[PDB]
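The structure to be discussed contains testosterone.
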Amino acid sequence: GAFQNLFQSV
Amino acid sequence: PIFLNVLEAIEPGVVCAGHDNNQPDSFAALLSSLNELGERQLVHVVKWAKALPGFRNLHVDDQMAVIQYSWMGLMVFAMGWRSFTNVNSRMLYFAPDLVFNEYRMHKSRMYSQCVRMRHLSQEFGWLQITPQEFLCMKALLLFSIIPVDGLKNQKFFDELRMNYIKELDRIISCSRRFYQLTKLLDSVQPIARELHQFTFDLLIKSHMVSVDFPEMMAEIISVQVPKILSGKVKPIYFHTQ
Ligand SMILES: C[C@]12CC[C@H]3[C@@H](CCC4=CC(=O)CC[C@@]43C)[C@@H]1CC[C@@H]2O
């Protein structure tokens, strides 16, 4: 989930 | 020129690696710093990509996928450009605080890969690549690697890729030039593949060699990069290899 978390955070 | 206005406007600025240049060069230190630089640049690549013309046309899963597949090529291509503009390809300008001379190329254990990257850098000179050509080509690299079995919405991707090819052609003897630039774009992919293999192998043995991988790098290299190395995800070449 680390990439997705970045992606969704902006 | 709306499209080029946007590409110039969204282009990331300077990213430092945080490398301690006072420490003697070592494989572990150089590679740990490269890994941290990748983690930092990833943040910029995501912010840049999400701001690209038409990018939101893609299914959100595909938006995430193309970034996770294409980052190596994107970053190598930009690095080659920085190397060309800053040190006339004399060294690999990974970051202002992480510039590779030949000694570092050797100590990194990536000399062959660095050679290829320096060659790419030199091509920007040999072909007299313009900033506007560079930006359009770099954008196209985001849309140049996909799963063999297709994306979630392949149609929206195909349309987007088509339009970025059209934007490149319009920025572009024209046939000669288009041939040259597509050849240069293709040349990024074998370099990216060699780096994919190298970083994957390094991650697996990272504990044995004191090389640190940050969180996103470790995740992406273990979850997504193997799809490329196993052949499930492949580059799109212009010319047959
Ligand atoms: C993947 C890697 C860390 C990230 C590096 C990569 C070499 C290419 C590169 C160029 C950049 O400008 C950002 C960092 C990256 C993307 C390195 C090769 C081995 C190392 O593990």
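First the proteins, then the strands, lettered A, B, ... as listed; each starts at 1. Ligands are counted one by one from 1 in listed order, and the atoms in each one are counted from 1 as well. These numbers come from the heavy atoms of this one structure, side chains and all, not from hydrogens, waters or symmetry mates.
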### Query
Counting duplicates, which parts of the structure are testosterone?
ligand 1
### Task
Tell me which macromolecule has the most close contacts with testosterone, using the naming in the PDB entry.
Androgen receptor
### Query
Counting heavy atoms under 4.0 Å, which other chains neighbour testosterone?
B
### Message
Using a 4.0 Å cut-off to any heavy atom of B:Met75, which atoms of testosterone qualify?
### Response
12 (O), 16 (C)
### Query
Got the closest protein heavy atom to atom 6 (C) of testosterone, with its distance?
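So the nearest neighbour among protein heavy atoms is B:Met72 SD, 4.2 Å.
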### Message
Taking only non-hydrogen atoms of B:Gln113, do any sit less than 4.0 angstrom from testosterone?
### Response
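Contact check B:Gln113 vs testosterone: negative.
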### Query
Which UniProt domain of chain B is the main contact region for testosterone?
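Most contacts come from the UniProt domain NR LBD.
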### Task
For atom 17 (C) of testosterone, decide whether some protein heavy-atom distance is shorter than 4.0 Å.
no
### Task
Determine whether the side chain, the backbone, both or neither of B:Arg82 has a heavy atom under 4.0 Å from any heavy atom of testosterone.
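Within the 4.0 Å criterion, B:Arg82 contacts testosterone through side-chain atoms alone.
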### Query
Of all the non-hydrogen atoms in the protein, which one sits nearest to atom 10 (C) of testosterone, and at what distance?
B:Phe94 CD2, 3.6 Å
### Query
Which of the listed options, B:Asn35, B:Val76, B:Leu34, holds the heavy atom that is closest to atom 20 (C) of testosterone?
B:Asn35
### atom 13 (C) of testosterone - nearest protein heavy atom and its distance
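Sorting protein heavy atoms by distance from atom 13 (C) of testosterone puts B:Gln41 NE2, 3.3 Å first.
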### Query
At what distance is the nearest protein heavy atom to atom 1 (C) of testosterone, and which residue and atom is it?
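Of every protein heavy atom, B:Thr199 OG1, 3.2 Å lies nearest to atom 1 (C) of testosterone.
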### Query
Of all the atoms in testosterone, which lie at a distance below 4.0 Å from a heavy atom belonging to B:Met110?
18 (C), 19 (C)
### Message
Can you tell me which residues in chain B that UniProt annotates as binding 17beta-hydroxy-5alpha-androstan-3-one end up with a heavy atom closer than 4.0 Å to testosterone?
### Response
B:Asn35, B:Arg82, B:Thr199
### Message
Taking 4.0 angstrom as the limit and counting only heavy atoms of B:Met79, give me the atoms of testosterone inside it, by number and element.
### Response
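Within the 4.0 Å cut-off of B:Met79, testosterone contributes 12 (O).
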### Message
Just wondering, where does chain B come from, per the PDB?
### Response
Homo sapiens
### Message
Hi! What's sitting within 4.0 Å of testosterone if we only look at heavy atoms?
### Response
B:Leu31, B:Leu34, B:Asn35, B:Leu37, B:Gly38, B:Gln41, B:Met72, B:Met75, B:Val76, B:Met79, B:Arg82, B:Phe94, B:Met110, B:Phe198, B:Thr199, B:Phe213, B:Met217
Under a 3.5 Å threshold, I'd like every N/O contact between testosterone and protein atoms, with atom names and distance.
from, atom 1, to, atom 2, distance (Å)
testosterone, 12 (O), B:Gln41, OE1, 3.4
testosterone, 12 (O), B:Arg82, NH2, 3.0
testosterone, 21 (O), B:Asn35, OD1, 2.7
testosterone, 21 (O), B:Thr199, OG1, 2.7

